[PDB]
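Structure showing imipenem (bound form) engaged by Beta-lactamase OXA-48.
Below, chains carry the letters A, B, ... as their sequence lines are ordered, and counting in each starts from 1. Each ligand, and each atom within it, is numbered from 1 in the order the structure gives.
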There are 2 protein chains.
Amino acid sequence: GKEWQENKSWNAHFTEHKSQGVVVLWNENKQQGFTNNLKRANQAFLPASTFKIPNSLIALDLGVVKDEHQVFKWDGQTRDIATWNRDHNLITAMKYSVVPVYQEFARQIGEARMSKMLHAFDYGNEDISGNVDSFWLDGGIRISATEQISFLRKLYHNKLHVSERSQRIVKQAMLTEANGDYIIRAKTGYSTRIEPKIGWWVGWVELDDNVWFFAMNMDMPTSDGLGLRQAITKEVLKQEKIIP
Amino acid sequence: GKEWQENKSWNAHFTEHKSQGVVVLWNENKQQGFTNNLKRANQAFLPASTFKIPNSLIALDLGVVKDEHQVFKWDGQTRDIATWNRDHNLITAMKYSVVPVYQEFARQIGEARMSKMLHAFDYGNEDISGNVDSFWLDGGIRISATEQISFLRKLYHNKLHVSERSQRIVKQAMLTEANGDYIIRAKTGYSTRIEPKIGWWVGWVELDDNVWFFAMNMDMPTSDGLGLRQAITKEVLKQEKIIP
Ligand SMILES: *C(=O)[C@H]([C@@H](C)O)[C@H]1C[C@@H](SCC/N=C/N)C(C(=O)O)=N1
Ligand SMILES: [Br-]
Ligand SMILES: [Br-]
């Protein structure tokens with residue numbers, strides 16, 4: 001069949017959870033994409049904490065981050081996410097979406113180099129207008145689910161214009177789930193500063209013989225629904241028999 | 001701050017499964033080890049498919065293996081393990097203990113360089129006597145649970161005398177389980193050619209703030225019990241509160 005194909009049956013998974021949004025899949029072997037909503041699939045939003053993927057890559061490649069063991073000391077300002085009020089390395093910072101650590105990265109990266117790198121990566125609208133340390137939260141950067149997949153595919157194949165090492169370390173840091181059936185490398189996000197408020201989940205499922213890339217976003221009025229990002233993606237993956 | 005400590009309560013986990021063997025833990029933070037049996041902990045056996053860890057490292061470092069995507073074509077000889085009668089890369093070869101792929105690696109590595117490398121790694125008794133392509137199954141190499149942990153600790157810290165790249169690729173290939181509580185990187189083994197028949201499981205549990213290295217072996221008269229390697233290790237890890 002075609003390059004892209006709408007499967008509106010996935011909408012039953014959003015309906016079940018009184019939710020709206022898109023899941024995009026890309027079967028790497030067949031070079032075919034699938035989504036419940038071709039229009040929303042190409043709607044650009046603030047990347048929010050999904051920006052931690054390219055931010056990590058740029059920080060590692062410029063030596064702002066030496067490796068996944070280097071400790072970034074809590075600045076001692078109590079914030080409302082308990083897990084942020086502690087020291088972190090790249091693995092825990094990505095795992096717990098520790099914004100303050102990445103703001104520090106962004107400040108040392110600086111706007112000139114952040115800009116070159118987002119152009120080299122062909123990342124979303126490639127726009128860093130706003131604060132060099134908050135533009136992925138309330139500045140000019142925008143990216144669609146299908147633009148996330150394009151970026152992730154370059155990362156998986158070690159094709160981005162950064163070292164092989166930087167790509168391996170970030171792919172390591174993205175580790176989220178693994179068993180005898182599959183591996184998930186992914187990153188969550190919650191955009192709240194500009195409407196509409198959305199939750200992100202972008203990454204890929206490794207199997208023995210194939211890779212399935214995915215990017216989903218959904219309306220997130222309150223944080224009560226953040227667990228639906230993974231739950232709804234996993235309902236789609238199961239319906240398509242990509243995971244048991 | 002005693003270096004090694006016998007905890008005989010773990011024996012109840014082998015007893016419940018009508019089994020005998022050892023689990024060795026090493027808390028990296030505290031530099032303290034724990035085992036159910038100090039004597040068996042230091043008893044050397046054939047590494048069997050646990051040899052795939054150093055074998056992988058040596059193959060990658062010498063360019064016998066270019067990367068984790070390179071395909072090793074089935075030689076077309078039907079063997080007793082279904083999953084071996086198919087093409088493999090490093091990830092699937094490690095996952096399915098595909099002996100024939102690693103025999104091919106060993107033949108290209110050659111005994112001179114295999115020997116230098118095991119000495120550089122301080123790997124068990126450092127003895128490759130027997131067939132260059134079967135010595136880890138029925139030749140002279142022997143290694144204890146505590147010698148496994150020594151080796152694995154060098155791998156984790158990227159300290160072996162091979163490239164950082166080789167160590168990262170193998171640590172990637174070792175991925176076995178991951179969730180939001182822990183990550184397990186490990187390799188299984190079943191020694192059957194020389195008595196006594198034993199099952200191995202060696203690797204480590206990554207947490208947010210610590211690493212717990214582990215090596216267990218157990219009597220494996222038949223293959224019916226191979227699943228006890230992980231089940232018994234996990235009962236110990238749970239008892240010690242290393243995993244929920
Ligand atoms: C990134 O998009 C977010 C930033 C803009 O605040 C952070 C916030 C977390 S939501 C976790 C809420 N639960 C608290 N324990 C997040 C994410 O989910 O990706 N990234
Ligand atoms: Br990895
Ligand atoms: Br590297």
- Message: Mind telling me which chains or ligands belong to imipenem (bound form)?
- Response: ligand 1
- Item | Other chains, non-hydrogen atoms under 4.0 Å from imipenem (bound form) | A
- Option with minimal heavy-atom separation from atom 12 (C) of imipenem (bound form), where the choices are A/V98, A/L226, A/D138: A/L226
- Cross the UniProt beta-lactam-binding annotation of chain A with the residues having a heavy atom under 4.0 Å from imipenem (bound form), and give the overlap. A/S49, A/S97, A/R229
- In the PDB record, what organism appears as the source of chain A? Klebsiella pneumoniae
- Please report which non-hydrogen protein atom sits nearest to atom 14 (C) of imipenem (bound form), along with the residue it belongs to and the distance in Å to one decimal place. A/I81 CD1, 3.4 Å
- Shortest protein contact, atom 4 (C) of imipenem (bound form) (heavy atom only): A/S49 OG, 3.3 Å
- Message: Okay, neighbours of imipenem (bound form) under 4.0 Å, other ligands or ions only. What have we got?
- Response: none
- Item | Covalent partner of imipenem (bound form) (residue and atom) | A/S49 OG
- Item | imipenem (bound form) contact by A/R193, heavy-atom criterion under 4.0 angstrom | no
- Message: Could you help me figure out which residues touch imipenem (bound form) at a heavy-atom cut-off of 4.0 Å?
- Response: A/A48, A/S49, A/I81, A/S97, A/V99, A/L137, A/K187, A/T188, A/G189, A/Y190, A/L226, A/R229
